[PDB]
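Here chain A follows the PDB entry, giving residues 30-90, 104-630, 691-1272 in order. Atoms within each ligand, like the ligands themselves, are counted from 1 in listed order. Excluded from the calculations below are hydrogen atoms, water molecules and symmetry mates; all remaining heavy atoms, backbone and side chain alike, are included.
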Amino acid sequence: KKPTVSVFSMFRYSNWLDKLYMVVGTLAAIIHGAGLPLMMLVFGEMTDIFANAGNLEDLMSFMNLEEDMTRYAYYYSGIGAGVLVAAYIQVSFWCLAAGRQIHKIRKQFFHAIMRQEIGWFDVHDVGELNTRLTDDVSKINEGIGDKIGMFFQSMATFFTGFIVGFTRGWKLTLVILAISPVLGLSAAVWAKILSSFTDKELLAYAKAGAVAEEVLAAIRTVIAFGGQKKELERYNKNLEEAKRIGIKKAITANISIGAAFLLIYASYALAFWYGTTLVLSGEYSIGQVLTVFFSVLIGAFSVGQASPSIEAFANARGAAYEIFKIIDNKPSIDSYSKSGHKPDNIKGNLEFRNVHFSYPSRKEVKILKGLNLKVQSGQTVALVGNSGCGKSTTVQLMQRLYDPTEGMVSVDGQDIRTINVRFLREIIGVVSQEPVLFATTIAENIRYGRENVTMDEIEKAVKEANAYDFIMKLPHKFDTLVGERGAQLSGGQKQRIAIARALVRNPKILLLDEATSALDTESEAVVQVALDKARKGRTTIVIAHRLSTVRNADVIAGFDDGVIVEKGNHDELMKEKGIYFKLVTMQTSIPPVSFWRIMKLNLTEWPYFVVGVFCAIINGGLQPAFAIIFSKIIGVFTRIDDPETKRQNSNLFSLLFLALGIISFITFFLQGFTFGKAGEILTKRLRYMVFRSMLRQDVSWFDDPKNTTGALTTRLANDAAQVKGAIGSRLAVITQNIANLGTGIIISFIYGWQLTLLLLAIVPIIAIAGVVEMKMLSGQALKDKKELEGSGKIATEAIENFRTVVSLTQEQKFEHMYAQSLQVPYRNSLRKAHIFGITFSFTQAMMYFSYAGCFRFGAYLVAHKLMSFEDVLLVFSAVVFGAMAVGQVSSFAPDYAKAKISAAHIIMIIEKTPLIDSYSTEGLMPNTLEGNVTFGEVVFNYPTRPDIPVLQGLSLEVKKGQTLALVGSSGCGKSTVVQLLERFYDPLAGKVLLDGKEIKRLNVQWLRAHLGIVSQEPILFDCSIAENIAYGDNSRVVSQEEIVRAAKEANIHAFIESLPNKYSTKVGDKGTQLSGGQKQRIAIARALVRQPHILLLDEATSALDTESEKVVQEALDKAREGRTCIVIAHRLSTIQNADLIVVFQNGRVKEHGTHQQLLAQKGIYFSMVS
Ligand SMILES: O[C@@H](COc1cccc2ncccc12)CN1CCN([C@@H]2c3ccccc3[C@@H]3[C@H](c4ccccc42)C3(F)F)CC1
Ligand SMILES: O[C@@H](COc1cccc2ncccc12)CN1CCN([C@@H]2c3ccccc3[C@@H]3[C@H](c4ccccc42)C3(F)F)CC1
Ligand SMILES: Nc1ncnc2c1ncn2[C@@H]1O[C@H](COP(=O)(O)OP(=O)(O)OP(=O)(O)O)[C@@H](O)[C@H]1O
């Protein structure tokens, strides 16, 4: 973060080869940059040879104009040969040196990250650390890459040009030197603008991007509450600012380039005026004036080309400071370490004694105050207590995830503090609540625990757990491919295979932490069976929720208020009547779009396009005008006239130069203004329409795997801003290229056809040379960050779940995987360095060889009296310099192909029409609904995978005032029925009624606004508390009285009153931290403001504590009252407070009856409640 680090300390991983590369690259760069200010020295003397003979011929009316020009053809070929070799060395060597140093840094930085222990990752954000690995290293690479050689080349050009200017003629050099600072400043500004191109500016758009992300991620709730119009309004309000910022950016860029060109042409005019004054006197010659002026001007404008390199180097140092800080940091308990104490046969005897512990982030407070245990081999320890006493702190402390501030922990006599770190974490097997799985196969995940394991032990471990049927029935058996972070598998299966993975390690001291994790009922029972199967000959500390499995335990340690007080088995705790007994009583592809359609999108802004095309014509018509004026101004001295006529003509031509500069600035500003405004308006309109279309489309469209939230926001952020490049930029590029190149070719053919025909063969190569130079100066080949995606995925999945990784003792494994994934792109970059170097060198050298070829043929033609020197200059400066300008213009513009590809998607999504339209005004909104929801033989299938049906003709019938309960396995039709009753999807078959009226003819907006729902998981908006609670009945301004009475009804109007600012806190962020109980209560409060006639809930309490669950449950029970409320919950939570129970079996209903019938009969419901 600090750029104040020594220059040479940056080059710390420099081998001998890298240092030799740097020195030879620097020498080659100094050589290469001395060519252009030297070609204007040969070009000056060549002009004198042509001009001197021209005076002699005119006086006589071309003897040695063909012999002398032979020598100067060699000089151009020599300078071109040097640039052919020097430029190859400069670009390739510096890129090779940087490509090698960064490879060491990238591997070494990942070595430091894995070395750091838990606690370092608490202070250092995992997201920020992941960002530094992928972006800061790239910043370093850009800083120490080709830009250093570019800086050396620019400085060499500056010094060589000024030396040549002073040596040839000092009088003219001083005049340009006086105005040199402003030229250098303008060049530096233009270079910084050019380098800061091709990177998307999302700082302005982030405001709207946050809203888009939150809406699209939570599209279910937005559709449920019918707030889509409000979200669209908010999105437009946010979009306006980004539109303004984009307009300003475009205007600034065009102003900068226009100022650069204006200064160039003004310098031309002043220098030529003073040069004519000198030449008429006789101090100088036309060739000497050309040499001095061109050399000094190139030198002055080249000192600004090195400006981006200095800033890049400073930023590289600043970004490398933190990376080097992490590298040289030594953890105290690092897993690597160096050997350590290691017993042969550790029997296993845990020991806690005076354990005082505090979390490093908040060490001012303490959680542990003297925990002490005496569990020996073969026993079992259980922990019971309230939420907040620190029942997982000891779990993390046992396997040396931290260090106790006071006291000691011992195992088998010896203290843990003197023990080999790898051995300890190897003998300590652990499981947690979340069964995190890696992207590799199930068998590969199993092998991840211990590498040197064959298939036989994996089979044994799977047999021990419960997977030898679940994975065998699945395709691909053991090697089943885990995809999309374990999308196929569900929670219980992941937990079972995580138990198997823990079994694979064959540990000696097991350690379970909240393994239950409320995995419904059957999954929970199976997990408990697997857990008890696992615990046979192992010292375990079993922390369990619901406090039912803790009954059977050798020592049920009572974790209450730090130091454990309650102790003993169930009978002793029952006699003592402590926290254990109390809580026990408590519990018991797309075809391309034609250019015409894309053009029609921005048709409403036609005047902008008209003015822009006119300005593009006037702007592109400037290079041939410059060629004509240059040829005329040199021909003024070529011919024999009287001095006064020469002076007057030269002054006229200088004024023409100044007028050209003024026109260039004006047209650049106007073209930028018009085209930028048109593009920004088009982008805003496209984003608005795409967002509206996305909101209108049904849930099935979002459920499609291609249409993910990330993909949709990427479309809305990138493609809707790239579409503008297929109309305005395309028109400007084509118009400018035509109006310069065609005009130059036509003018050249009129004045000379032989030389034009010869020069028409190098035009493609010169244009490609300009394109290559412009695509290297802007770093377009360096902003790319592809071919490292696999390594980035490995790094992310190893740094995000670093706790599981460090508990699994796998650092060398991930290090080697990262190195292997980095190996191939290293060699690819090494080859691409040479490829790019040779391409740049050849393309640059063609520009130097063109002089020799063109002027040799021109010498022949002039000798044989077929044209004049002025015509040769006109043809050259119109066919070659025009080609350079064509190549440069065609590169400083967005790519046309990607623009049309994005426009295809934009046009596809804009015109899309849904099935369940959410904007259909047609409807039959009645007076009052009695909430009679019935289902008849309804068969439904998911749209993404219409292969196995979910519903098999359900039959359902509910009257007003009756509370219906439905129970079944997890993932069954209950959630799908909830979705379908709200008309989220379309049933394939069956009928849905509502007070005798079919659901087809009911208005969608009326239905979704006529009832309220509570989501299975708590979903919250980042708006204020007042807005988040007023996000219920929309299209109506609500008062605070309704809000407060709903909060009172929801049993939440205590915590809100116990908060600063009351009903104004920024909910979902800052320090609100509602946990889960308060989130559920505020969600049901938001659902209660609408006063729905029918209320739907689905597993509100899923993974809450043993205290906040009761408050939410009683709030739900109170909220029902006289409403047609459907309820899905965890078994006895609300199943017995209802009236009728519905049983689901493979989607279709199984039995229908009251509680007494189902309980008395030996049915499935009795089976799962026995
Ligand atoms: O390609 C080399 C070598 O070019 C030649 C070699 C040999 C003979 C030649 N004969 C005639 C013309 C070029 C010749 C020169 N580039 C030409 C292109 N510069 C670009 C550039 C881009 C767009 C508009 C104007 C400019 C000009 C300088 C500049 C300043 C800062 C950042 C970038 C640049 C500027 F703003 F003033 C870099 C140097
Ligand atoms: O092709 C033109 C015009 O380019 C464009 C025209 C219109 C629109 C454009 N839009 C985007 C990019 C380029 C555009 C640019 N060359 C390249 C830049 N000059 C090079 C050059 C090289 C290094 C440093 C400074 C310069 C500048 C002039 C100069 C004088 C004598 C010999 C060569 C040159 C100078 F010493 F003062 C020639 C014109
Ligand atoms: N990442 C963390 N950084 C700092 N303090 C934390 C962090 N996680 C938890 N704590 C604090 O550590 C203390 C003990 O946490 P505790 O073990 O009770 O966590 P838990 O997730 O509720 O688990 P358990 O229910 O098993 O006890 C609490 O005061 C808690 O706020």
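The drug seen at ligand 2 is recorded under the name zosuquidar.
What binds zosuquidar (ligand 2) most in this entry is, by the naming of the PDB entry, ATP-dependent translocase ABCB1.
Transmembrane segments of chain A, in UniProt's order from the N terminus, whose heavy atoms approach zosuquidar (ligand 2) to under 4.0 Å: 5, 6, 8, 9, 12. The entry attributes the origin of chain A to Homo sapiens.
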